[PDB]
Amino acid sequence: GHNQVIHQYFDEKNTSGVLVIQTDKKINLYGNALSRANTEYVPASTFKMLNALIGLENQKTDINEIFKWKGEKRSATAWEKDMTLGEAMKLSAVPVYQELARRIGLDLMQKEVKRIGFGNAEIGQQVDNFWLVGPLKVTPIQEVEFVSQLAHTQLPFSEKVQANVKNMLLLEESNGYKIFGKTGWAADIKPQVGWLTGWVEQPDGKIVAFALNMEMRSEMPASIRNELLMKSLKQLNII
Ligand SMILES: *C(=O)[C@H]([C@@H](C)O)[C@H]1C[C@@H](SCC/N=C/N)C(C(=O)O)=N1
């Protein structure tokens, strides 16, 4: 696991990005734009995690509620179905989480966000878009620390709420490993920012968190972040 082979994976996708890795409060940067690790970006679909936690803890919803699709045209055609808060996490279904956000309410949402101390902790005034176009911005280091506390069940929420949000985030379960995470893509700011923040539950239960953050372009496949990460964690010998 050399910090150079990982520069070339990023050199080669013609992007600019950083991979933050945390292993029990020790943090390392990999990639080819390590200055991104201290830069504030909008969270995007990654804030869904803190939204779910805030919504469940405050009983504005539950893991069994079905969100009804009331007919309107949506940005992706898989989002056009009734679905649970968990299935909306998998699909990054923004309408579901905007409905949750409006139940929470601006006052409650600002209070929770400030208490947790997520990013700049600014949510401004539109309770249903602040993670997508600001004013909320967070750095990739701050992200990997949040997602680290969530894997270790050390966030300021009930034990059962964190477990619930954790179970919404499984991505690949091969070789006795488990990779949890949540993708993101702010395709509406210049330049576009792509996220991938999660952790690896190694077979012995040791927990290694990651926040991949890269500038995006409209032609890249969704699975470019998956591809970059899965092959980076292979290099550092985490899988
Ligand atoms: C979440 O962050 C995305 C956004 C609508 O909030 C949703 C949708 C895709 S992004 C597709 C747009 N650009 C594609 N070239 C997505 C994701 O997988 O990141 N989540």
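Numbering of chain A is taken from the PDB entry, so the residues present carry the numbers 35-273, in order. Note: hydrogens, waters and symmetry copies are ignored here, and every other heavy atom, side chains too, is used. Atoms within each ligand, like the ligands themselves, are counted from 1 in listed order.
Located at ligand 1, the drug is listed as imipenem (bound form). Per UniProt, the macromolecule in most contact with imipenem (bound form, ligand 1) is Beta-lactamase OXA-23. Result for chain A: of the UniProt beta-lactam-binding residues, imipenem (bound form, ligand 1) comes within 4.0 Å (heavy atoms) of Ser79, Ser126, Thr217, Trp219, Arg259.
The residue of chain A annotated as active site in UniProt and closest to imipenem (bound form, ligand 1), together with its heavy-atom distance to 1 Å, is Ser79, 1 Å.
Here a covalent bond joins imipenem (bound form, ligand 1) to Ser79 OG.
In this entry, the organism cited as the source of chain A is Acinetobacter baumannii. Near imipenem (bound form, ligand 1), within 4.0 Å on a heavy-atom basis, the structure shows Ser79, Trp113, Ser126, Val128, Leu166, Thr217, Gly218, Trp219, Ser252, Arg259.
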